[PDB]
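Bound state: 3C-like proteinase + ensitrelvir.
Letters A, B, ... label the chains, following the sequence lines from first to last. Residue numbering for chain A follows the PDB entry, covering 3-47, 50-300 in order. We number chain B the same way the PDB entry does; the residues here are 3-47, 50-300, in that order. Header entry for method reads X-ray crystallography, 1.7 Å. Just follow the structure's listing: the first ligand is 1, and inside any ligand the first atom is 1.
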Protein chains: 2
Amino acid sequence: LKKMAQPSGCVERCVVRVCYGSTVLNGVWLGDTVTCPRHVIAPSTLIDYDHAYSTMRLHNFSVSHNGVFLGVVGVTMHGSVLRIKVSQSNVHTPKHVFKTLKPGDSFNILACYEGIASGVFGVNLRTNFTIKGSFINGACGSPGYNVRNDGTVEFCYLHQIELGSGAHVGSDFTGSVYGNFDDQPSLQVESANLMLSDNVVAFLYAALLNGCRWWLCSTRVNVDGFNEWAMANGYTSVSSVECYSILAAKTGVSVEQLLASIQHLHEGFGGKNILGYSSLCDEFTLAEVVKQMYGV
Amino acid sequence: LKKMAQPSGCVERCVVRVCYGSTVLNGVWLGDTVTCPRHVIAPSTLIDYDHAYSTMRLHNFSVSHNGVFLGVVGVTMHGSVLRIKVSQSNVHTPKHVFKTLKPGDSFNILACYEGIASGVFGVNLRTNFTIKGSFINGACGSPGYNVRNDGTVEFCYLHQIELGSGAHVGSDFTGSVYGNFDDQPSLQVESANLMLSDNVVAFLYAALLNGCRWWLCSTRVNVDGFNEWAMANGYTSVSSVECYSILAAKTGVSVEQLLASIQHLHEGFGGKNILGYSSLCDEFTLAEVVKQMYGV
Ligand SMILES: Cn1cnc(Cn2c(=O)nc(Nc3cc4cn(C)nc4cc3Cl)n(Cc3cc(F)c(F)cc3F)c2=O)n1
Ligand SMILES: Cn1cnc(Cn2c(=O)nc(Nc3cc4cn(C)nc4cc3Cl)n(Cc3cc(F)c(F)cc3F)c2=O)n1
C-alpha cells in the first residue's frame, strides 16, 4: 500500500500561466476557456473582489502556455474563480467533466509554478474540507483531478490558500470554495478533522490481505453501535457494509469485525505496527485498496 | 513534507507493451530502440537466457504504443535487458540520458501495465538495492526516471522482480541488475535495510523549521564518531555536513547536533511524535526538503 498519483500527462497539457499586473498564478486551459483563482486580480493590500472585477482591464492580463501567449477575449467571475475566454482552443483538451469532491474522496494534485508542473501526488479530502498537500508560494491555481476508467478526466480542485495550520484549501471549477473558506488573507481556523472510518476499514482489509492480522478482534459490533461510538470518539459514520463486499469476500472477514477492531485499536497499538503504521490510517479509500491489490 | 513524483507526461509517451509469445511486459521506446527486461523471452518452465536468445525469432515479438504496433527489425541482449530495434523512431523522444542510481538516490516510478501507465510515485533506492514500490503482476518493465532542472530525463530503472519480502528489484538501462540479484524466479533474500542518515538529518531540519524541537540535543557527535555508531545500529554513514549549511544557518543547529539527536531518538520517541511520525523518517532527501520548503 503506497499513496500514488494517476499519471499527469493529460493534465500537464492544460496548465497555463495567468498574470494580471504583477500577480502571477496558474490556470487550467480547456477548450477556449482558462479557469483560475480570482485572486489574480487582487490589489496589493480585506479584498473587495466585486470592485476589483468592475475596474478590471482585459489588457492587464497575460495568459501563456510554454511561452506562447493566448489572446484574452473576455473574463467573467464565478464565486472564487475567473473564466477567461481566449481566442485559441487547447488542441490537447482531454475528454473531461467537472466534479465536486466529497470528504473521503481521493484525488491527484499537479503542483504547478508559473504555469509549469513540478510535482504530482495523491491526497484525500478531509472532513474539514482541507487537504494535506505540499505547496509553496506560486502554487495558487494548481489543479486537482481524477481519471476515470474510460479515460475521462474529472477536474475537481483549483488550489487557493494555505491556512495558518498548514492545511490547504481549494475551490471546485464552479467557483465554490471547499469548506466555504474565504479566498482572503485572514486568520480562519478550520474545524478539527475526523478519522475517515470508511478508509480505516479499507486499510484494515489491506492489512489482512498482506498477512498482518495480530489486531483482529474475534467479536463484532454492528453499524449502529459503531456509529454511536464514532460520534463520541472523533470518527465518521461508516457507510453501508455492502460496499466492502469484494474485500470481505476475499478475506472472509466482515466489516463488523473490523469495526470492533477499530474500537480496540483506538486505545493504542501497544508497540506493534500495521503495514508500518503506529496508529490507524485513513489515507486510502476502498477503491485505492482494490486497485493497488488487484488492478480493478 | 510530501513524497511526490515529477510529472510523468514525457515518460508516458515512451512506454510500450512488449510481447513475446504469450509473455507480456512493459518497455521504453527512445529513438528507434525499445529497452525491456529480457524475461519477456523466457520459456514457461532456472532460465537459460543464452539459449532462449540463440533460438529467438523476431516474428514472435509484438511491440505497441497505445495500441499502435511497431515493426521489429532486430534484437540484442545486454545483461538483463533487450534492445529491440523497431522500424520507426519515437517522435516524442525526450532529451535524455541514462544514469545508474546509487543507494540514497530518489527517483520516480511510472507503474505500467500492458504498456499503459497507471500510477506514479517517488521512491528511494535503499542500501540493499531494493525499492518499496506498489506493483502487482504485469508491472515488469515499469520505468524509473528523474528530470533534471534543464529538462533532461535521466532513465535509471526498469522494474524486474518482487522478492518474497515484497521488496522490489530492477535493472538500469545498460542491463545491470541493481544489487546483482538474478532475473530468475528463484528465492532471493535482500540484505537488511539501513536507515539513510542523510535523509534523517534533512527530516530533522524540516522539523526544526516547522517549530518541532522537543527532541533536539545540545550534545554534538562528530561525523567520524557518528559513522562508527551508525555501523553498529542499522544506519548509514552521514555523507557530509556542508551541504546542510543553508538549513543549519536558518535554524542555528549544527549537523553534529542532529547526529547526536539521531543517537538519542533511534530507539523511539516514547509517546511523542515528530511531524506526525512516531519514529525517525528517512523518506526525504535534503534536495526534497529544500525544494518543498523553499523552492530551491
Ligand atoms: C505557502 N503556500 C502554500 N500554498 C500557497 C498558495 N498561495 C499562493 O501560491 N500564492 C499566494 N499569494 C500570491 C502571491 C504572489 C506573488 N506574485 C508575483 N504572484 C502571486 C500570486 C499569489 Cl496567488 N497565496 C496567498 C493567497 C492566495 C489566494 F488565492 C487568496 F485568496 C488569498 C491569499 F492570501 C497563497 O495562498 N501558499
Ligand atoms: C507482484 N509483482 C510485483 N512486481 C512484479 C514483477 N513481475 C511481473 O510483473 N511479472 C512477472 N512475471 C510475468 C508474468 C506474466 C504473465 N504474462 C501473460 N506475462 C507475464 C510477464 C511476466 Cl514478466 N514477474 C516474475 C518474474 C519477472 C522477471 F523479470 C524475472 F526475471 C523473473 C520472474 F519470476 C514479476 O516479478 N510482480
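Lab note: other chains with heavy atoms under 4.0 Å from ensitrelvir (ligand 1) -> A. Less than 4.0 angstrom separates atom 21 (C) of ensitrelvir (ligand 1) from at least one non-hydrogen atom of the protein.
Most of the residues of chain A within contact distance of ensitrelvir (ligand 1) belong to the UniProt domain Peptidase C30. Under the 4.0 angstrom criterion, atom 14 (C) of ensitrelvir (ligand 1) counts as lacking any protein heavy-atom contact. The N/O atoms of A:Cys144, backbone and side chain alike, include one that comes under 3.5 Å of an N/O atom in ensitrelvir (ligand 1). Using a 4.0 Å threshold on non-hydrogen atoms, atom 24 (N) of ensitrelvir (ligand 1) does not count as touching the protein. The nearest protein heavy atom to atom 18 (C) of ensitrelvir (ligand 1) is closer than 4.0 Å. Atom 3 (C) of ensitrelvir (ligand 1) lies below 4.0 Å from at least one non-hydrogen atom of the protein. Some N or O of A:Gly142 is nearer than 3.5 Å to an N or O of ensitrelvir (ligand 1), by distance alone.
Close approach of ensitrelvir (ligand 1) to A:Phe139 is summarised as follows: ligand atoms under 4.0 Å from at least one heavy atom of the residue are 1 (C), 2 (N), 3 (C), 4 (N). Polar contact with ensitrelvir (ligand 1): absent for A:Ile165 (N/O pair, distance under 3.5 Å). For ensitrelvir (ligand 1), the residues with heavy atoms nearer than 4.0 Å are A:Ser24, A:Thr25, A:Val26, A:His41, A:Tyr53, A:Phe139, A:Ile140, A:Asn141, A:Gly142, A:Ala143, A:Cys144, A:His163, A:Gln164, A:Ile165, A:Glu166, A:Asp187, A:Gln188, A:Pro189.
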Show the distances, to 0.1 Å, for all pairs joining an N/O atom of ensitrelvir (ligand 1) and a protein N/O atom that are shorter than 3.5 Å, listing one pair per line.
from: ensitrelvir (ligand 1); atom 1: 4 (N); to: A:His163; atom 2: NE2; distance (Å): 3.0
from: ensitrelvir (ligand 1); atom 1: 9 (O); to: A:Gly142; atom 2: N; distance (Å): 2.9
from: ensitrelvir (ligand 1); atom 1: 9 (O); to: A:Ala143; atom 2: N; distance (Å): 3.0
from: ensitrelvir (ligand 1); atom 1: 9 (O); to: A:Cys144; atom 2: N; distance (Å): 3.0
from: ensitrelvir (ligand 1); atom 1: 19 (N); to: A:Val26; atom 2: N; distance (Å): 3.0
from: ensitrelvir (ligand 1); atom 1: 19 (N); to: A:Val26; atom 2: O; distance (Å): 3.2
from: ensitrelvir (ligand 1); atom 1: 36 (O); to: A:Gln164; atom 2: O; distance (Å): 3.4

